Chemist: 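I have a PDB entry of chloramphenicol bound to Multidrug transporter MdfA; a few questions follow.
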Amino acid sequence: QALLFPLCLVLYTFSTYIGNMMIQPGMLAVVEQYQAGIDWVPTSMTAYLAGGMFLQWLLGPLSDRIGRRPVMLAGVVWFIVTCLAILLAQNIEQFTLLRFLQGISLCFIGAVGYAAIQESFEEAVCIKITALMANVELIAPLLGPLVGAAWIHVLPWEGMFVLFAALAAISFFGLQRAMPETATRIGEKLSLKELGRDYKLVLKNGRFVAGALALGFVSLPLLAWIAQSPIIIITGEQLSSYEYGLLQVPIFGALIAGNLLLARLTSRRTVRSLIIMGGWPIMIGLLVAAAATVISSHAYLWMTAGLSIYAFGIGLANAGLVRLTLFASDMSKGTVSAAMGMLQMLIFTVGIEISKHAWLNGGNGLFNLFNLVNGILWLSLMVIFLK
Ligand SMILES: O=C(N[C@H](CO)[C@H](O)c1ccc([N+](=O)[O-])cc1)C(Cl)Cl
Ligand SMILES: [Pr+3]
Ligand SMILES: [Pr+3]
């Protein structure tokens, strides 16, 4: 009778995710409205993700000391305010700063929201909620760009931010009445020296770092495609909004297909064999995209096929590498999760920006060549990581 709590956390999580996914196709309308160059399109996502890594390391220990309730509720409010505030941005620089401020809201989901879930419910009921949250993460990158392309076809980009704020408001009120206080160290002081030392400690573990870096590198081509596909397809190939959306279907559908095969194979395959199994489509897909576009710069259908094959591999291999990276360090899971989360976002932010310059200077060929080296770096780390 009190399932309002995990339900409203799912709603909030969903809203921060479309806070990125719906926005990207709208970015072409944003830069036209500010009369800014196309180079600002991928940067919207870069700033959002950079904000997502800013406070990651702090919120867990802090909410443990002052309460999961006030910290979680504060994050929801912060998202509401920054979503509305971007309506007042006067140039693309100001717009990009607010994307960064919005992205900080991402830190509250894992470090305090999910921490509260694990502390409240039975381990059997905890699996049901976790699975549901995983479903949302899988559905957002498919539906997001589709709904976002449909939105700006009829409605202003500003309207999307009003929608994000509204969904988060509903989420606030449910959390305000249903979230219990579960923080275990209320009243205790926080030492930033002890906290910083815990992070130096996790980063000393070479096998943990290899796994965490590998997760960043291997996912980068997907994230770069989310960031840049509007300018690649619409301004680069001179195609329509409809085709932009159509090309998302084989890519994110393959990702889903990869995850469903994972579920069917899990009882009769170890984590290690699934990573190796995914490596074939990961490497072949990225090779196909690169070879085709070097031969012919405008072979965007070959590019899309290569990325779908690669995306299938990710669906099969990623969750297993997450699990193994998590247990590669014997330290507290709060510290480990936050560390691996920050390492992968560091790669995403820097990688998208490199990817942007690669595309601007050399087109689809360079875009896909850079994705290929990221695949090679994942593979290089797995030869070491797996033993
Ligand atoms: O895009 C992915 N998701 C992972 C983890 O969910 C990635 O770390 C990520 C996290 C948050 C995010 N966002 O809300 O902007 C995007 C990617 C795929 Cl690699 Cl599954
Ligand atoms: Pr310490
Ligand atoms: Pr400690």
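The PDB entry numbering applies to chain A: residues 14-400, in that order. Both ligands and their constituent atoms are indexed starting at 1 by order of listing. Only this structure's heavy atoms are used, side chains among them; waters, hydrogens and symmetry mates stay out.
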Chemist: Which parts of this structure should be attributed to chloramphenicol?
Modeler: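 Every copy is at ligand 1.
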Chemist: If you draw a 4.0 Å sphere around every atom of chloramphenicol (ligand 1), which residues of other chains have a heavy atom inside it?
Modeler: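 The heavy-atom cut-off picks out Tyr30, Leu62, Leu119, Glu150, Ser232, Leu236, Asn331, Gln357, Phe361.
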Chemist: Considering only non-hydrogen protein atoms, determine which one is nearest to atom 1 (O) of chloramphenicol (ligand 1) and report residue, atom name and distance to 0.1 Å.
Modeler: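 So the nearest neighbour among protein heavy atoms is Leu236 CD2, 3.7 Å.
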Chemist: How far is atom 6 (O) of chloramphenicol (ligand 1) from the closest protein heavy atom, and which atom is that?
Modeler: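 The closest one turns out to be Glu150 OE1, 3.1 Å.
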Chemist: Write down the transmembrane segment numbers of chain A (UniProt, from the N terminus) that have a non-hydrogen atom closer than 4.0 Å to chloramphenicol (ligand 1).
Modeler: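 By UniProt's count, heavy atoms that close sit in segments 1, 2, 4, 7, 10, 11.
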Chemist: Identify, by atom number and element, the atoms of chloramphenicol (ligand 1) in contact range of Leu119, meaning under 4.0 Å from any of its heavy atoms.
Modeler: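 Going through chloramphenicol (ligand 1) atom by atom, the ones under 4.0 Å from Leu119 are 14 (O).
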Chemist: Note the single closest protein heavy atom to atom 19 (Cl) of chloramphenicol (ligand 1), along with its residue, its atom name and the distance in Å.
Modeler: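 Minimum-distance protein heavy atom for atom 19 (Cl) of chloramphenicol (ligand 1) reads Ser232 OG, 3.0 Å.
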Chemist: Using a cut-off of 4.0 Å, enumerate the other ligands and ions near chloramphenicol (ligand 1).
Modeler: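 Other ligands or ions: none.
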Chemist: Looking only at distances, please establish whether an N/O atom of chloramphenicol (ligand 1) is found under 3.5 Å from an N/O atom of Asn331.
Modeler: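 Between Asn331 and chloramphenicol (ligand 1) (N or O atoms, distance only) the closest approach is not under 3.5 Å.
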Chemist: Which residue owns the protein heavy atom closest to atom 14 (O) of chloramphenicol (ligand 1), what's the atom, and how far is it?
Modeler: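 Nearest neighbour among protein heavy atoms for atom 14 (O) of chloramphenicol (ligand 1), to 0.1 Å: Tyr30 CD1, 3.3 Å.
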Chemist: Which protein heavy atom lies closest to atom 9 (C) of chloramphenicol (ligand 1), and at what distance to 0.1 Å?
Modeler: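 The closest heavy atom on the protein side is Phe361 CE1, 4.6 Å.
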Chemist: Looking at atom 18 (C) of chloramphenicol (ligand 1), what's its closest protein heavy atom, distance included?
Modeler: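 Here the nearest protein heavy atom works out to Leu235 CD2, 4.6 Å.
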Chemist: How far is atom 4 (C) of chloramphenicol (ligand 1) from its nearest protein heavy atom, and which residue and atom is that?
Modeler: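 That would be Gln357 NE2, 4.4 Å.
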Chemist: What source organism is recorded in the PDB entry for chain A?
Modeler: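 The entry gives Escherichia coli.
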Chemist: For atom 13 (N) of chloramphenicol (ligand 1), what is the nearest protein heavy atom, given as residue, atom name and distance?
Modeler: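 Minimum-distance protein heavy atom for atom 13 (N) of chloramphenicol (ligand 1) reads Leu62 CD2, 4.2 Å.
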